[PDB]
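Tozasertib complexed to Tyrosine-protein kinase ABL1, as determined in this entry.
Residue numbers run from 1 in the order of the sequence given. Note that ligands are numbered from 1 as they come in the structure, with each ligand's atoms numbered from 1 the same way. Determination method: X-ray crystallography, 2.3 Å.
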Amino acid sequence: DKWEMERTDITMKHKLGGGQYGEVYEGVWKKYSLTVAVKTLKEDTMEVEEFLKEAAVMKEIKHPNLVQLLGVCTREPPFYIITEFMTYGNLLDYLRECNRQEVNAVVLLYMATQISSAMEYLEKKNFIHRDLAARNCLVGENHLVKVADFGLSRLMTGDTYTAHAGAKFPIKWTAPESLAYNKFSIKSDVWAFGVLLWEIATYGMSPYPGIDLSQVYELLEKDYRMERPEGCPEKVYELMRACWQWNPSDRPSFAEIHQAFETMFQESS
Ligand SMILES: Cc1cc(Nc2cc(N3CCN(C)CC3)nc(Sc3ccc(NC(=O)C4CC4)cc3)n2)[nH]n1
């Protein structure tokens, strides 16, 4: 189709992300002399049919805060996924390494607003992300933020995906129903967003610090929750806590979350 590229239309410049993100490069889309992100997938690093579905899904995503697909090479391995280049890389290192006089309270609101905007779009369009976290958000000029959207899944909003047993999750971002029953839904993304909020409010501290992963589920079922971060506005902490309701249906929608942050951000200005 229109998205398919020739592998030679692109030239690679630099390895990106120190291994933490696989075979990924800063590249050049030669025609337009445009810097792009390139992800190359060797065989035996993914199942082909599922990769193609993930690529098919990206093709339908158009939102200012979701990484924009530019093209794909999907005939002979290695496969390429080509996207717009986000200059500053992942939001986790960005929060950790930033000048906080510049990346201040109002910028943090701005970043949370952008991300919830992305998630509201996914919510409207029947997708779930299942790995929402600061490390999977990308930052560009002027604190522009985009959620990485390569591995999204089609699921009717409100329905539940039951992942296979033996599936491994990033425990500290993972909702109770997901940890216990492998059940994922837009509401488990809302849970994960709450943790993303905490990462933002703390400028990229590791969540549940010091806590053994084996004990996290048990703590949560007894209504333990991370404490309000130093400096974090109470309304924002309230949003965090609303996102970490035990009952999935008690969590707000992303449409409601984004509106709340919209207000705060425009007010903070
Ligand atoms: C997708 C995308 C990624 C980027 N930009 C960047 C930029 C970046 N660098 C920015 C500059 N610092 C100093 C080093 C890291 N490091 C990464 S690390 C990285 C690279 C790729 C992916 N993911 C993908 O390519 C998925 C879409 C196929 C995730 C993280 N990504 N722009 N657009």
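- Across the structure, tozasertib can be traced to ligand 1.
- The shortest N or O to N or O distance between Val38 and tozasertib (ligand 1) is not below 3.5 Å.
- Judged by the shortest distance from any of its heavy atoms, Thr87 lies inside the 4.0 Å radius around the atoms of tozasertib (ligand 1).
- Contact annotation: for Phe85 versus tozasertib (ligand 1), heavy atoms closer than 4.0 Å belong to both the backbone and the side chain.
- According to the PDB, the organism given as the origin of chain A is Homo sapiens.
- Result for chain A and tozasertib (ligand 1): the nearest UniProt active-site residue and heavy-atom distance (1 Å) are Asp131, 10 Å.
- Contact annotation: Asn90 has no heavy atom less than 4.0 Å from any atom of tozasertib (ligand 1).
- When hydrogens are left out, the protein atom nearest atom 22 (C) of tozasertib (ligand 1) is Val24 CG1, 4.2 Å; that is the closest non-hydrogen contact.
- Chain A: most residues in contact with tozasertib (ligand 1) are in UniProt domain Protein kinase.
- In chain A, the residues that UniProt lists as binding ATP and that have a heavy atom under 4.0 Å from tozasertib (ligand 1) are these: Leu16, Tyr21, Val24, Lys39, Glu84, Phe85, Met86, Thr87, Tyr88, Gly89.
- Of the protein's heavy atoms, at least one falls inside 4.0 Å of atom 4 (C) of tozasertib (ligand 1).
- Within the 4.0 Å cut-off (strictly below), a protein heavy atom is located near atom 9 (N) of tozasertib (ligand 1).
- Within the 4.0 angstrom cut-off, atom 14 (C) of tozasertib (ligand 1) has no protein heavy-atom neighbours.
- Annotation: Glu84 places an N or O atom under 3.5 Å from an N or O atom of tozasertib (ligand 1); distance criterion only.
- Binding site of tozasertib (ligand 1), heavy atoms within 4.0 Å: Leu16, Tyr21, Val24, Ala37, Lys39, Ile81, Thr83, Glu84, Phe85, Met86, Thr87, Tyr88, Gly89, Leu138, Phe150.
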